[PDB]
**Student:** 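My structure is below; once you've seen it, I'll send some questions.
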Number of protein chains: 2
Amino acid sequence: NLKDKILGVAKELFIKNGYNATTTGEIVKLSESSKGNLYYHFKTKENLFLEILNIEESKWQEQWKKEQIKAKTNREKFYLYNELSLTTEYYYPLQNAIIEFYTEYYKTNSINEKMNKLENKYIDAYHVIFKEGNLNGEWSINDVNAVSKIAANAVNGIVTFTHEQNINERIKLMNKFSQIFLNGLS
Amino acid sequence: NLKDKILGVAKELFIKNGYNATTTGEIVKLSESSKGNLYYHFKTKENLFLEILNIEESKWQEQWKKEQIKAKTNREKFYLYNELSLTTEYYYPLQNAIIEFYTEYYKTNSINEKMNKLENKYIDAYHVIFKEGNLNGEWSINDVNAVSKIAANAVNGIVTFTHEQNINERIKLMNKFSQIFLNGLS
Ligand SMILES: N=C(N)c1ccc(/N=N\Nc2ccc(C(=N)N)cc2)cc1
């Protein structure tokens with residue numbers, strides 16, 4: 001709990017003021033903890049942030065798990081998951097601190113390491129969809145892992161580098177993509 | 001040179017660090033110049049940055065012109081463009097910085113105007129490729145502009161969120177993408 005309290009307050013601090021501006025000092029006092037406790041649990045702000053990202057990652061899976069029920073077939077799960085990724089991030093408060101964190105620790109392979117363990121989790125989503133899709137003759141892919149890293153990053157790029165147009169156009173495009181992509185698998 | 005020497009340093013700081021990560025003070029102190037210098041050419045930081053992007057963009061589209069000749073069909077031009085994006089030292093290595101600048105300056109329409117004019121060069125390459133492919137009868141695209149934006153963004157995605165993996169593993173994925181994508185266009 002004192003650990004959970006820290007992660008909760010930290011999450012809010014990062015949202016209201018960003019990664020860089022937020023100090024462990026603030027986190028320490030606001031969660032009524034201590035530098036020692038914070039160190040014992042996370043060692044560094046970087047690690048603390050990675051753990052928040054971890055928790056967020058879990059919630060996203062939990063969400064997806066109950067959200068994918070609206071998609072009977074994997075084809076649909078592909079469509080839905082990509083659309084969800086696009087819409088939910090449009091209003092994800094932590095997104096900014098993440099940008100800040102990423103573009104701040106992508107030079108050090110230290111933190112860059114644990115981040116892939118994290119990204120892998122986001123790719124599993126696809127992995128499952130593509131594997132499951134195979135065992136249902138929805139398509140036939142022999143290099144799942146591959147196609148999965150692709151869908152993951154292709155989708156993230158569409159979500160990340162299309163910031164300017166109205167939300168409908170985006171969803172329209174993202175869907176066009178899921179269509180094209182799922183078609184090139186046949 | 002002077003102006004051109006600034007652009008050179010800034011370009012490095014924007015990559016080696018980030019948009020926000022680097023300030024007008026750094027660029028100056030690390031160029032033997034002084035504060036009250038940048039004006040007629042570099043009035044503001046957002047101006048200096050947008051300038052760098054303009055450069056890198058044109059240096060890349062040019063390299064592509066002097067390299068796409070090795071691709072007889074447009075099908076091959078697509079693969080080729082996507083592969084090179086992984087190896088070039090232009091534009092793409094500044095995507096991280098762009099992301100920040102785009103999510104922290106997409107309000108003042110004074111930017112989104114010029115900022116988006118730069119987004120047309122980005123998707124143009126695919127525009128030409130996809131459009132020409134229609135004439136060359138290699139495929140049948142109706143919503144070229146959409147596909148171009150989609151391909152462009154999808155690719156930037158595979159390029160940006162994999163910069164920490166075996167450079168050849170990347171080429172591999174990217175090629176699998178190009179394959180998957182084009183096969184979907186028909
Ligand atoms: N195949 C991967 N390594 C991979 C998989 C999933 C993934 N997901 N998101 N990545 C990601 C990367 C950067 C940002 C950002 N700060 N703009 C946001 C998200 C990123 C990378």
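Here is the naming used below: chain letters follow the sequence lines, and residue numbers restart at 1 for every chain. Determined by X-ray crystallography, 2.9 Å, according to the entry header. Counting convention: from 1, in listed order, for ligands and their atoms alike. When reading the values below, keep in mind they use all heavy atoms of this one structure, side chains included, and skip hydrogens, waters and symmetry mates.
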**Student:** Trying to sort this out: of fidarestat, tafamidis, clofarabine, diminazene, famotidine, which one is at ligand 1?
**Tutor:** diminazene
**Student:** Look up in UniProt the name of the chain with the most contacts to diminazene (ligand 1).
**Tutor:** HTH-type transcriptional regulator QacR
**Student:** Which other chains are in heavy-atom contact (under 4.0 Å) with diminazene (ligand 1)?
**Tutor:**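 The heavy-atom check gives A, B.
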**Student:** For diminazene (ligand 1), which residues in other chains have any heavy atom nearer than 4.0 Å?
**Tutor:** A:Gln95, A:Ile98, A:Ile99, A:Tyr102, A:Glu119, A:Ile123, A:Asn153, A:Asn156, B:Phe161, B:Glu164, B:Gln165
